[PDB]
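Check out this one - avibactam (bound form) stuck to Beta-lactamase.
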Amino acid sequence: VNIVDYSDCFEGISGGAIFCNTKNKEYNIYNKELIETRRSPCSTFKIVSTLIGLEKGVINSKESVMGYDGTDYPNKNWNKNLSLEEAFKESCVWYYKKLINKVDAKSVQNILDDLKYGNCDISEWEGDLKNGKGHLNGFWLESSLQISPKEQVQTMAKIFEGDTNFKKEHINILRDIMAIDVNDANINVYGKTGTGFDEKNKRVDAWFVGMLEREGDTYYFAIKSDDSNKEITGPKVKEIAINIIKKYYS
Ligand SMILES: *C(=O)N1C[C@H](NOS(=O)(=O)O)CC[C@H]1C(N)=O
């Protein structure tokens, strides 16, 4: 377990990082206190909810659709019968809300418990209704479910090392749709951003969680900001993560 200084890459933004290679159990940690602190996963939960939907047969493949009903949304790309692959990359809220609401709460509870997914607290199934966004809410978006960056890495590793009961075919669908292009063909990067604002503490929850493969070695990682600046988003934290990968993991 190595404590490291990645502050140079964070360019003044408050956050932490954890990279884990489970082959040689090398844990690299920047800001250990933050890395151990549970927060809402926000849209990073789509990694797990995709697998839930696949396992329960709500969806079947990266082409699978959820039956768009014509509702008007400001994001162009949400206004169509988009596939799993597109809904994942566009973080289409209605697609993933419809998906999870076809699954009974006990099945979700048991999968989160099996994955050790943070506090596994789905008690506020409907999410943070006080923000006014109604059905564009859920337990995973600044609501009851909370997970630490370290626990995210532990979950990612369990899934992608094949230590869960999720089907290999379903894991590979997730892998496909999480693949990122980082303009470096000598590393494969996979991940998902998340963005939320913690109203209680007046800080962002900005995430980039995923994995990294470079010549036989795989690193599971989670980068997380808790800055008080609302301009700090998951996309911004993904930039930071990419800088760290290019600097230290090439
Ligand atoms: C998830 O974090 N969300 C869904 C969507 N995607 O965010 S991302 O660009 O960080 O991946 C918009 C923000 C957020 C939400 N408010 O639902």
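Note that chain A carries the PDB entry numbering, so the residues on display, from first to last, are 60-309. Both ligands and their constituent atoms are indexed starting at 1 by order of listing.
To find every copy of avibactam (bound form), look at ligand 1. Less than 4.0 angstrom separates some heavy atom of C101 from each of these atoms of avibactam (bound form): 2 (O).
In terms of protein heavy-atom proximity, atom 3 (N) of avibactam (bound form) is nearest to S102 OG, 2.3 Å.
Counting only heavy atoms of the protein, atom 8 (S) of avibactam (bound form) lies nearest to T252 OG1, 3.4 Å.
Atom 14 (C) of avibactam (bound form) has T254 O, 3.4 Å as its closest protein atom, hydrogens excluded (heavy atom only).
Considering backbone and side-chain atoms together, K105 places no N or O closer than 3.5 Å to any N or O of avibactam (bound form).
Each of the atoms 2 (O), 10 (O) of avibactam (bound form) lies under 4.0 Å from some heavy atom of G253. Interface atoms of avibactam (bound form) facing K251, defined by a heavy-atom separation under 4.0 Å, are 11 (O).
Heavy-atom contacts of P294 reach the following atoms of avibactam (bound form): 9 (O), 10 (O) (cutoff under 4.0 Å). Looking from atom 17 (O) of avibactam (bound form) to the surrounding protein, the closest heavy atom is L200 CD2, 3.7 Å. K192 NZ, 4.0 Å is the protein heavy atom nearest to atom 16 (N) of avibactam (bound form).
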Are any protein N/O atoms closer than 3.5 Å to the N/O atoms of avibactam (bound form)? If there are, list each pair with names and the distance to one decimal place.
from                   : atom 1 : to   : atom 2 : distance (Å)
avibactam (bound form) : 2 (O)  : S102 : N      : 2.8
avibactam (bound form) : 2 (O)  : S102 : OG     : 2.2
avibactam (bound form) : 2 (O)  : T254 : N      : 2.9
avibactam (bound form) : 2 (O)  : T254 : O      : 3.2
avibactam (bound form) : 3 (N)  : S102 : OG     : 2.3
avibactam (bound form) : 6 (N)  : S102 : OG     : 3.3
avibactam (bound form) : 6 (N)  : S150 : OG     : 3.2
avibactam (bound form) : 10 (O) : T252 : OG1    : 3.3
avibactam (bound form) : 10 (O) : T254 : N      : 3.3
avibactam (bound form) : 10 (O) : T254 : OG1    : 2.7
avibactam (bound form) : 11 (O) : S150 : OG     : 3.4
avibactam (bound form) : 11 (O) : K251 : NZ     : 2.9
avibactam (bound form) : 11 (O) : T252 : O      : 3.4
avibactam (bound form) : 11 (O) : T252 : OG1    : 2.6

